[PDB]
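Numbering of chain A is taken from the PDB entry, so the residues present carry the numbers 14-1038, in order. Note that these values count all heavy atoms, side chains included, but never hydrogens, waters or copies made by symmetry. Both ligands and their constituent atoms are indexed starting at 1 by order of listing.
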Amino acid sequence: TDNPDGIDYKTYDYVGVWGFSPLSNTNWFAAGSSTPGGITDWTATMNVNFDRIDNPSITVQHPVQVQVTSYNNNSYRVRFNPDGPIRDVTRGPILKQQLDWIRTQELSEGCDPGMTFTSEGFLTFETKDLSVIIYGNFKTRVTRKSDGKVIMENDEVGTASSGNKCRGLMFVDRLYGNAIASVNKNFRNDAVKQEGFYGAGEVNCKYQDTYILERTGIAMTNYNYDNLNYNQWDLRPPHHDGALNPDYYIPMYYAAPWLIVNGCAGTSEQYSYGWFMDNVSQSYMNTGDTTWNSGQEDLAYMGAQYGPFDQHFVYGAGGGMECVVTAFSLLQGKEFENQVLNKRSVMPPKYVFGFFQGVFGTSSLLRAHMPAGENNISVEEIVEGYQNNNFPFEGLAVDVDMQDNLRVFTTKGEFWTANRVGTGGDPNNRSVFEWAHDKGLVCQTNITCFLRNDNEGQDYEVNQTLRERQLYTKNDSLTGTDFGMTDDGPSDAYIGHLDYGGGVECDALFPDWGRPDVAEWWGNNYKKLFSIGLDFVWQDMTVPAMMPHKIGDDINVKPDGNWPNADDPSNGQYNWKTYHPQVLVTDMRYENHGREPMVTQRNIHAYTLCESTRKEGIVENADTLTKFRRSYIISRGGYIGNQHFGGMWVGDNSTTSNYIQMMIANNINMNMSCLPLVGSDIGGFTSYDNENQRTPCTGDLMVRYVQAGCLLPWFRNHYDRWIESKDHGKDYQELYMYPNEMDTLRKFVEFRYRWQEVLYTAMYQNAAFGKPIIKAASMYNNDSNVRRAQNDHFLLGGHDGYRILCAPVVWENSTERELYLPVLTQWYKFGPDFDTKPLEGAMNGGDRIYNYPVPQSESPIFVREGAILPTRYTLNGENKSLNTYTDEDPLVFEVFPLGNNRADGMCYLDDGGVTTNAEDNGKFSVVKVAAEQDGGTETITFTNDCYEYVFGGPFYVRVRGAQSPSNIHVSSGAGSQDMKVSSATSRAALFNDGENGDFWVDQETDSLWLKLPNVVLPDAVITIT
Ligand SMILES: OC[C@H]1NC[C@H](O)[C@@H](O)[C@@H]1O
Ligand SMILES: [Cl-]
């Protein structure tokens, strides 16, 4: 029952953008004519006649489904299968059940798209703000009702005499290939529309000497790769000479066949649509690139190596790029599961927003058990360095160093206190994670799906049971390709090789995900790490990142660095650093559908892997977790939709200015691809100094690395550490190892910790409403200058999520930057200094300042007028981990100067993920706040959308720019008292000794502080006279 659909697989190898050319037309079919095929529910069918562009007398018939997916959010969907019947996926971002839920709801509200065919056979329908006509050859024209402006239309190619063929729908003749494609008109060079293409996940793009946000005029591919430094040599163009730089035509770790189009930007007629081709074979997005004749300036396309063809167009409910992102998250939502909290993504435990240090190259938990080796370091020493210098420090990412000789799910004796492996909870022999708990830390460990196979007698229960229950990927293929064999076997198993450099390597077996039982089995292994204290998950080598291998060499032998190349191609022998593309893996896209060669679904392996860890690991064994029941996953690769499993770090970056640039750009682009909780390794993972690899990050690059990343969602300093036993990496990178910059380093980490609720609320808003935490400058509407500023300017936070403006310095040894403040609003310079001094005057939005001064101790960060920001301090004044905070450590609602005599605020509150009752039982609180001025009276109002988590400690209002009132009155459900001046005269005295109902005139920071009881938080009217 392998290969149910009778497909002949024509390509297995990596076909770069340079070899993908649907606009060529040769051997390609495109829609030439149709007749109507009925409408059931909201899915129309058109019976489309496809014609070979370069000889239209050759024609085939395939039905194409046209389904409206949301009336209120203006999204519909084209879908056909060139190779067989149209099939609903059973795994992926877009599920039928969620589409059904959305439709059923909008139908109950009497939404009517009025899908109809005309006399002529043209399908017409309408969404809320748009109307669509699709002609005979499937020519498509999408119009916005309010101004009658055509916002999107697909491409038509002419023939000699056979009429116009719609490249809106294309597939390669199956006598010659398997590729699909879809082409639109591209208005990038229109004088008025100036169309720009955004999104596309982790892709990097250089312009002159700089890494930029926009993705216009370039040819990209998704092909999840083990792409160290984002510029792997085998990923080079044909006949490329000299250094390969990271750039647009190089795949990354995450697969985002997703672009958001933006035209007429910063004007009253702005339009925005998202474009999603839902395919997990190698996929392409060309946004008007003439290089290698892969595209044409005036066309834009998407395509893939394999079928099926299934594509979403998503315009959003209303104005602006951001609205495209939230509508997209809804098609991917879990509303049909009745998720009270996790609608658009899964909420992490709060601790995920803390500062982590990871290291590849620790050799024990405690010093007393650290083996001798040049530059060896213990987990304990890192903890000390951070803790003793009073860093706000959350915990560790313990690498494969911890494992027993690379046996995933195991530990070795050195990573325990008593130097032997225990089964857990013995107060006389604590695991790394347990010991880490007592320091008030939480931990991830590295988990790959590489199940070591060369075991030299030594028993490994995980690889063993996989063999026994036949849950491994078999060594079958439709080509008779010999994947290699060892003396360990099994005979019919795919045996890959894991290689970490410097002779640290092993043979592996892998989970055949598509099988029943594999996910359950996978997930039940995590029991072995949860019961010894493991907090969350660091998913890695996800492709799987297998050692480069050429068919016909021993499993442990990799090819010459230079192979394959254009003169000496792969010709079906290279494994492109994962499974050899021909291996028959059990279908991951369609359950109980059979086996298919991996080439078909490369870009879904990591998704599935994350999926299984989240549902069979983290959720099913939630009981085996120790200190915190909720958990998370930081994954290296995945697909669109991966946000219901957890977040991402952007694999192996390096330690240069360019990589700071890229980090910010990846973060912005990843967010808008519906993956909010993402970030890059702070300081850069790999070595950078070509004369000596062990040279650590400089202090000025680390400062700027820290400052750019300090408000991004995932904040982990991680690096490859040179040790004697693994001789690649840098000497160190930990923040405390930078004595000259230590004070700045630490204060920017404090600053983040004070604004932990700003992060957390932003994440709630993402889980409930799909808003991206990080906003591109171009998401700010009615500004025609944010576009030029979009490489390094980004926003977040507050009630709307556009209250904080960041513009980090992105070059080393630099103390100026060109600053642009978004127009029609005011900004206030802020940062780690400003907690303890008054604000400077207001800065006028719409300002361009060249050479804006940014000394090293500073980053550019502004809080908008009308912002009220939930802010947290420690009661005792010392820096501690977020995960050891209680409600007694103050909440403070910082009221910034009023905008239009108004300010606004939002705080999500829950236990932090100690339990799972916020996402399971709706046990959480949303507090909102407002401030208004009206002559001599200011009114501060607390309301709740719901109050199901009880904030057990006193909270504060910090009014900036106010001093001594004549009276403050508080009104509340069970309270109505006038406030009295506190006999405390310092913030520290107010926190610890101040009375519920005290106020304090802070002259030092020009703020008035109200201390209020915990029970007035869900509802209050505070009036300042
Ligand atoms: O597992 C070792 C190593 N693998 C590659 C990952 O990107 C890196 O973060 C990790 O340290
Ligand atoms: Cl990966």
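- Most-contacted chain for ligand 1 in this structure, per the PDB entry: alpha-1,4-glucan lyase isozyme 1.
- The PDB lists the drug found at ligand 1 under the name 1-deoxynojirimycin.
- The 4.0 Å heavy-atom shell around 1-deoxynojirimycin contains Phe373, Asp412, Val413, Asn459, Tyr513, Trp551, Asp553, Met554, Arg649, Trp662, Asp665, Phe698, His731.
- Atoms of 1-deoxynojirimycin found under 4.0 Å from any heavy atom of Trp551 (numbered from 1 in listed order, with element): 9 (O), 10 (C), 11 (O).
- Of all atoms in 1-deoxynojirimycin, listed by their number and element, those nearer than 4.0 Å to a heavy atom of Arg649 are 5 (C), 6 (C), 7 (O).
- Proximity to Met554 (heavy-atom distance under 4.0 Å) selects the following atoms of 1-deoxynojirimycin: 4 (N), 5 (C).
- Residue-ligand proximity, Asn459 to 1-deoxynojirimycin, at heavy-atom distances under 4.0 Å covers atoms 1 (O).
- With ligand atoms numbered from 1 in the order given, 1-deoxynojirimycin contributes 2 (C), 11 (O) to contacts under 4.0 Å with heavy atoms of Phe373.
- Nearest to atom 7 (O) of 1-deoxynojirimycin among the protein's heavy atoms is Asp665 OD1, 2.6 Å.
- Regarding atom 1 (O) of 1-deoxynojirimycin, its nearest protein heavy-atom neighbour is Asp412 OD1, 2.9 Å.
- With hydrogens left out, the protein atom closest to atom 9 (O) of 1-deoxynojirimycin is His731 CE1, 3.1 Å, a heavy atom.
- Remark: minimum distance from atom 3 (C) of 1-deoxynojirimycin to any protein heavy atom is reached at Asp553 OD2, 3.6 Å.
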